[PDB]
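Notes on a structure featuring mebendazole.
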Amino acid sequence: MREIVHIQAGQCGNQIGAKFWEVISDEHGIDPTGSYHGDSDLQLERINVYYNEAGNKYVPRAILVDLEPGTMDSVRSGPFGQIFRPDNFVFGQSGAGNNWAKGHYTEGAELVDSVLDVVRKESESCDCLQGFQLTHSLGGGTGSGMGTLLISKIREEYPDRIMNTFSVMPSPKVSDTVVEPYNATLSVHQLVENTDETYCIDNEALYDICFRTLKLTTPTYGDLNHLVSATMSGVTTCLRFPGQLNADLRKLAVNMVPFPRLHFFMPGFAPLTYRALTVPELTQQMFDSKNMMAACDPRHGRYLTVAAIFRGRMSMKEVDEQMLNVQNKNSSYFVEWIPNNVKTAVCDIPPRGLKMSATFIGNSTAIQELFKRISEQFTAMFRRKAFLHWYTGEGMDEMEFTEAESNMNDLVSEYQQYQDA
Amino acid sequence: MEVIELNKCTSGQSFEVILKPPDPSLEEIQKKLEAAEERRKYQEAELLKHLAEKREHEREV
Amino acid sequence: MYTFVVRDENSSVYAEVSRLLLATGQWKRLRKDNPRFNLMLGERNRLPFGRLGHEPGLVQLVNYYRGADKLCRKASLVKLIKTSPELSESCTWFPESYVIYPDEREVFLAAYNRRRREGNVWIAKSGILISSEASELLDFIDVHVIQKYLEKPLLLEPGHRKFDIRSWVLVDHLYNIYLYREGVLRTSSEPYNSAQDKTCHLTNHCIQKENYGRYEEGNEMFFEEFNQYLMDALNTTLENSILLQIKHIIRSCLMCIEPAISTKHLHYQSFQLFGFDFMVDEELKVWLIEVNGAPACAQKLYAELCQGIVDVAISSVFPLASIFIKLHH
Amino acid sequence: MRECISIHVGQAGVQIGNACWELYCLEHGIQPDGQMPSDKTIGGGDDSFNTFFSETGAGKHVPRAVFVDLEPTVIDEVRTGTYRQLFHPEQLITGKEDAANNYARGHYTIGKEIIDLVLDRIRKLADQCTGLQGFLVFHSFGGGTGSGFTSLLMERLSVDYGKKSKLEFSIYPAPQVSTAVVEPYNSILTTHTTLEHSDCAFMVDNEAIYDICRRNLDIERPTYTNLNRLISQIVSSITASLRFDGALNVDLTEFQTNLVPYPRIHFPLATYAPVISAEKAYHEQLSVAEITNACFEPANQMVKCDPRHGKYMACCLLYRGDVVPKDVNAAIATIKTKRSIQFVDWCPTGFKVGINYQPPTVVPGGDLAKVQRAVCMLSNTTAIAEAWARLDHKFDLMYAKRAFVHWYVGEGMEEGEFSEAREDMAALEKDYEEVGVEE
Ligand SMILES: Nc1nc2c(ncn2[C@@H]2O[C@H](COP(=O)(O)OP(=O)(O)OP(=O)(O)O)[C@@H](O)[C@H]2O)c(=O)[nH]1
Ligand SMILES: Nc1ncnc2c1ncn2[C@@H]1O[C@H](COP(=O)(O)OP(=O)(O)CP(=O)(O)O)[C@@H](O)[C@H]1O
Ligand SMILES: Nc1nc2c(ncn2[C@@H]2O[C@H](COP(=O)(O)OP(=O)(O)O)[C@@H](O)[C@H]2O)c(=O)[nH]1
Ligand SMILES: COC(=O)Nc1nc2ccc(C(=O)c3ccccc3)cc2[nH]1
Ligand SMILES: [Ca+2]
Ligand SMILES: [Ca+2]
Ligand SMILES: [Ca+2]
Ligand SMILES: [Cl-]
Ligand SMILES: [Mg+2]
Ligand SMILES: [Mg+2]
Ligand SMILES: [Mg+2]
Ligand SMILES: [Mg+2]
Ligand SMILES: [Mg+2]
């Protein structure tokens with residue numbers, strides 16, 4: 001029945017994950033008690049993809065993970081806190097101290113088996129498991145360190161299941177600690193090996209969008225998260241609602257990932273949130289760099305593949321025409337050796353508070369700008385071995401950092417190979 | 001331009017108008033199918049071996 | 001914004017057309033192998049017609065008619081005229097020609113014998129030989145066509161010299177036939193000697209360049225002067241004595257092949273520029289020599305013609321934000 | 001009477017198969033419950049329509065059809081559709097997860113675990129046949145199941161039914177109505193593996209059906225439902241000789257005899273006319289000469305190409321409706337003097353003609369208008385090689401960078417099979433050429 005199993009690790013992961021379930025629970029007519037109260041059977045046609053059916057109640061197939069209880073205690077008392085299965089809250093007490101080694105090797109190792117037990121119980125009750133999705137940040141310790149540990153354990157036990165991630169990349173503009181480039185560099189290599197899709201959500205881009213476009217003088221993490229939950233809703237629209245597409249995770253990945261390591265996507269959304277947008281405006285916005293959440297200029301690279309889903313009632317002859325006009329405008333920014341690498345899909349159901357919207361999924365080589373940014377911040381500290389004691393104190397060796405640095409530089413050069421090809 | 005072989009029936013008729021004159025065995029299939037399954041098994045074993053080396057490192061840290 | 005690609009860098013005509021398109025600001029050139037184009041300035045040989053018109057939502061146009069080679073190869077033209085009832089072997093404006101492989105060897109000699117007391121001079125070409133004896137022509141070849149050499153050409157004075165007329169013809173996507181108002185005569189600088197020496201028999205621009213430049217600049221006489229000469233010397237106009245026949249020949253050739261090459265209801269569209277080569281005899285009868293599928297232009301006329309191509313052939317399909325005579329049919 | 005078993009593979013094959021069997025029932029007067037009043041031999045008979053339908057003691061006429069898909073959503077629409085009573089469970093075979101547009105997944109990984117089951121359900125139908133002719137196989141080129149599992153099935157059918165003929169109805173990939181990018185790989189892979197095993201294949205390019213639906217039916221954005229009802233009409237025209245009394249193409253062997261002189265060149269071009277919108281209140285009914293002339297307009301072909309710049313090897317005209325030989329010959333003579341129709345020097349320059357007086361049947365509430373006469377031309381022209389050139393070129397662009405190749409290698413396929421299939425196609429393109437061909 002094409003089930004998906006959702007995991008959210010750490011502070012960031014649980015806070016964007018909670019908002020994701022709030023958004024789609026509303027789209028599917030599920031209330032904070034898990035009871036259906038919608039006006040269309042389309043809301044329920046693919047409800048099983050993300051929800052288990054209990055007293056006619058729908059329970060998210062979601063596992064909430066953290067190494068400290070704070071953020072999950074806040075989720076349990078949040079708006080939709082009661083719909084999550086209580087047994088799927090798996091948390092420790094010591095915290096991860098924004099330390100990848102604590103999440104990946106010490107504190108996280110003590111908790112990981114417990115998480116996998118819940119993952120197994122959820123996977124066992126799946127008629128046909130599509131795969132997994134993980135929400136997390138790469139700049140902390142739990143989501144980054146333990147999240148990538150979980151991904152490695154899940155691939156060992158489920159090697160033939162898709163693993164996709166929504167990964168929040170750190171930025172000095174929106175930063176908690178200076179060690180974030182260390183944690184992100186260590187995590188990226190894990191994702192290079194063990195995920196089929198990784199949506200690169202850059203906090204720098206989310207901030208710039210909140211400040212310059214949405215005119216929010218002082219964005220909060222909550223403001224950044226409204227952009228993420230909205231993007232996640234769109235990216236999963238074709239899996240959750242009937243329409244043109246009925247592809248599972250594997251088929252979606254096959255047509256988007258031409259090379260196994262270049263699976264890091266630049267997501268986008270339009271309209272950025274009374275005048276309903278025209279189709280030309282939706283199309284022009286979702287290709288504008290200002291609507292992209294990776295803080296990479298697509299004009300500095302080339303698209304390997306592009307997928308875009310349009311939601312709402314609209315003329316699709318008009319969308320096809322506009323997609324042609326924007327491709328002509330950006331003709332030199334698409335590789336010429338993957339024919340017909342720009343695909344479009346439709347869903348009649350729009351998201352809440354919008355008559356129509358569009359979600360952009362780009363597999364662009366410009367994403368190398370993000371990895372180069374992280375690599376430069378990494379090296380700035382690693383030249384002087386600054387703040388390394390937090391990691392060597394947990395058993396890590398200098399060599400592991402040198403290898404992560406080289407792996408990052410190899411990833412960047414592989415993108416530059418296909419940007420010139 | 002001659003008409004030939006005109007056949008008529010209750011449902012229709014047919015004719016011709018000439019304008020001018022001028023495998024692998026089951027065994028070999030099962031072999032190739034099994035050869036592909038073993039390449040899958042070998043690649044999967046290399047993944048699990050690679051992951052097992054990762055488990056060793058985690059214990060050493 | 002419109003897009004186009006260039007696949008024949010050796011084309012002087014369409015090198016100027018690409019420059020003109022770029023200079024409008026509404027045209028943007030892409031790379032040779034980019035398939036998402038509106039206009040293809042394709043190559044001469046093995047143009048991939050089978051890959052045109054299959055890009056969603058793109059109207060595609062190419063500067064060559066698939067199948068027009070049957071008119072622009074010397075051997076194919078002979079076969080086209082003799083086998084097509086529209087033209088027929090009784091064609092009056094095409095010299096008696098025969099195809100010979102290194103075929104029509106028996107029938108060529110039969111008419112050669114019937115001549116032997118008519119003048120019996122022939123020319124074979126695909127590399128050119130003119131001889132009175134057939135055996136020299138047949139043995140010289142060892143694909144070619146043997147064509148009756150016109151022994152009584154119209155000779156310009158002063159000079160007593162030979163020439164041929166080049167006419168440029170544009171056929172657009174609707175199969176409108178446009179004759180460029182301006183032609184050119186490629187004249188011979190040496191005097192015509194009816195008595196091996198091919199300086200005064202062959203009127204090619206290269207053969208003369210290699211008395212050159214004496215009478216007119218570059219052995220290129222244009223219609224204005226050639227007209228005035230016909231009025232002063234022979235008391236007639238270029239229109240009445242020659243152009244009427246030229247227009248008739250151009251229309252006959254192109255309407256004959258229209259059903260074979262027309263892109264009227266095709267998934268892609270074609271246009272093409274042709275170079276018709278004519279010869280005039282002393283009685284002011286026009287003869288078709290050959291048709292060129294990838295012709296060059298005269299230096300003075302590049303600007304005017306290339307602009308005409310864009311206006312009638314390109315902008316006709318892809319509008320933006322006359323020098324031609326329309327041969328109606 | 002000799003039976004034919006239809007096999008529908010993948011989403012495209014299943015949905016097209018469902019549209020054909022709907023039309024078949026309407027043409028033969030079979031009701032959704034399977035009852036056929038006009039049939040008086042209850043529970044048996046060797047009539048022409050029995051080549052596609054078996055009969056039960058209760059009077060139900062059951063299609064000799066097997067539907068196979070690696071995921072259930074599409075075949076479930078048959079189990080619950082209008083003609084659910086027509087089939088029975090043993091004819092519908094579903095997996096749990098699909099090939100994900102991956103040939104290797106359909107042929108090797110998932111195909112190995114279901115191939116034996118499919119052959120068993122096919123054997124059950126073959127056991128009810130007094131004299132089986134062979135199989136009609138419906139599938140797409142682009143789908144992982146339509147491409148991967150079909151080629152495996154065709155291999156085993158040549159083993160278990162070495163004497164039976166096999167005809168294909170293949171959907172050629174069009175990006176207008178596809179959200180995939182790997183279909184050039186799957187098309188070349190399945191054509192290479194299936195070529196030796198197919199006697200005659202009818203390619204249908206979704207691009208052509210799409211534009212015919214837009215231009216002639218005034219459908220702004222044709223759906224798969226629109227495309228399939230038009231495709232079913234053309235399939236019906238091709239199989240009508242097998243289901244009705246007649247003398248032309250009365251068995252699968254005649255298709256090869258009349259359309260395929262060279263075995264590898266077994267892809268006839270189909271052209272259909274007239275396609276008339278049902279929204280048009282009244283339309284001027286076209287004459288035999290007009291619909292026959294329309295068989296040579298590229299806009300009406302199932303694959304867009306230019307037969308003027310190729311050579312014919314065979315040409316069959318299949319008329320349905322008010323048509324008589326006199327008007328057919330009159331039209332042919334006129335069309336010879338206006339169209340470029342060149343045959344190969346080693347074939348006769350003629351037309352085999354079949355007429356069935358029953359006019360085309362249309363689905364009530366569909367997009368097609370009823371017409372008094374229609375024609376489907378089957379011509380084996382080398383111009384259809386333009387479709388291979390297009391596909392092979394898209395293959396070359398991606399494979400030069402090994403784009404997406406890891407997906408196929410990851411399922412057990414070897415990189416050598418890619419070049420092995422591409423070289424076979426390069427030879428196929430040359431075979432067509434040998435047959436068809438500053439100043
Ligand atoms: N004409 C037509 N084409 C279809 C239809 N369904 C799918 N296609 C085409 O088939 C190709 C995709 O292959 P599918 O048949 O859907 O996939 P499949 O055979 O089920 O294989 P997998 O789903 O990958 O396991 C695309 O080019 C589609 O445009 C249909 O109902 N009618
Ligand atoms: N039957 C004929 N009678 C008289 N002169 C002839 C002739 N055939 C050819 N010529 C002369 O020889 C010249 C060259 O012959 P031809 O035109 O066939 O070569 P070509 O194909 O290279 C011309 P272009 O350079 O435009 O391609 C002609 O221009 C003409 O002057
Ligand atoms: N978008 C977003 N980013 C966050 C949030 N909380 C923390 N981050 C980012 O995540 C990183 C800190 O990781 P965090 O999730 O708090 O650590 P963890 O709990 O150990 O996984 C920094 O880069 C923060 O900018 C949040 O609610 N939203
Ligand atoms: C839980 O993880 C995911 O949701 N992964 C994921 N990958 C995707 C790739 C594409 C699309 C589309 O919407 C689409 C739009 C047009 C054409 C084809 C596809 C959606 C995806 N979702
Ligand atoms: Ca402890
Ligand atoms: Ca009966
Ligand atoms: Ca066989
Ligand atoms: Cl047999
Ligand atoms: Mg934190
Ligand atoms: Mg345990
Ligand atoms: Mg020439
Ligand atoms: Mg499918
Ligand atoms: Mg091989």
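Below, chain A is the first sequence line, B the second, and so on; all start at residue 1. Looking at the header, which is where the method is noted, we find X-ray crystallography, 2.2 Å. Numbering of ligands and ligand atoms starts at 1, following listing order. Cropped entry; intra-crop contacts only.
- Counting every copy, the structure places mebendazole at ligand 4.
- Going by contact count, the macromolecule most engaged with mebendazole (ligand 4) is what UniProt calls Tubulin beta-2B chain.
- The other chains with any non-hydrogen atom less than 4.0 Å from mebendazole (ligand 4) are A.
- For mebendazole (ligand 4), the residues with heavy atoms nearer than 4.0 Å are A:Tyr50, A:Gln133, A:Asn164, A:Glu197, A:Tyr199, A:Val235, A:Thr236, A:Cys238, A:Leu239, A:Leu245, A:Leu249, A:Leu252, A:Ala307, A:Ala308, A:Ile309, A:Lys343, A:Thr344, A:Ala345, A:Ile361.
- Among the GTP-binding residues UniProt records for chain A, the set within 4.0 Å of mebendazole (ligand 4) by heavy-atom distance is empty.
- Near A:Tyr50, with a cut-off below 4.0 Å to any heavy atom, the atoms of mebendazole (ligand 4) are 1 (C).
- Any N or O atom pair closer than 3.5 Å counts here, and A:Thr236 shares no such pair with mebendazole (ligand 4).
- Of the N or O atoms in A:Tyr199, one or more lie within a sub-3.5 Å distance of an N or O in mebendazole (ligand 4).
- Considering backbone and side-chain atoms alike, A:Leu239 places every N or O at 3.5 Å or more from each N or O of mebendazole (ligand 4).
- The PDB entry lists the organism for chain A as Bos taurus.
- With a cut-off of 4.0 Å on heavy-atom distance, none of the UniProt-listed Mg(2+)-binding residues of chain A is close to mebendazole (ligand 4).
- In this entry, the label on chain D says Tubulin alpha-1B chain.
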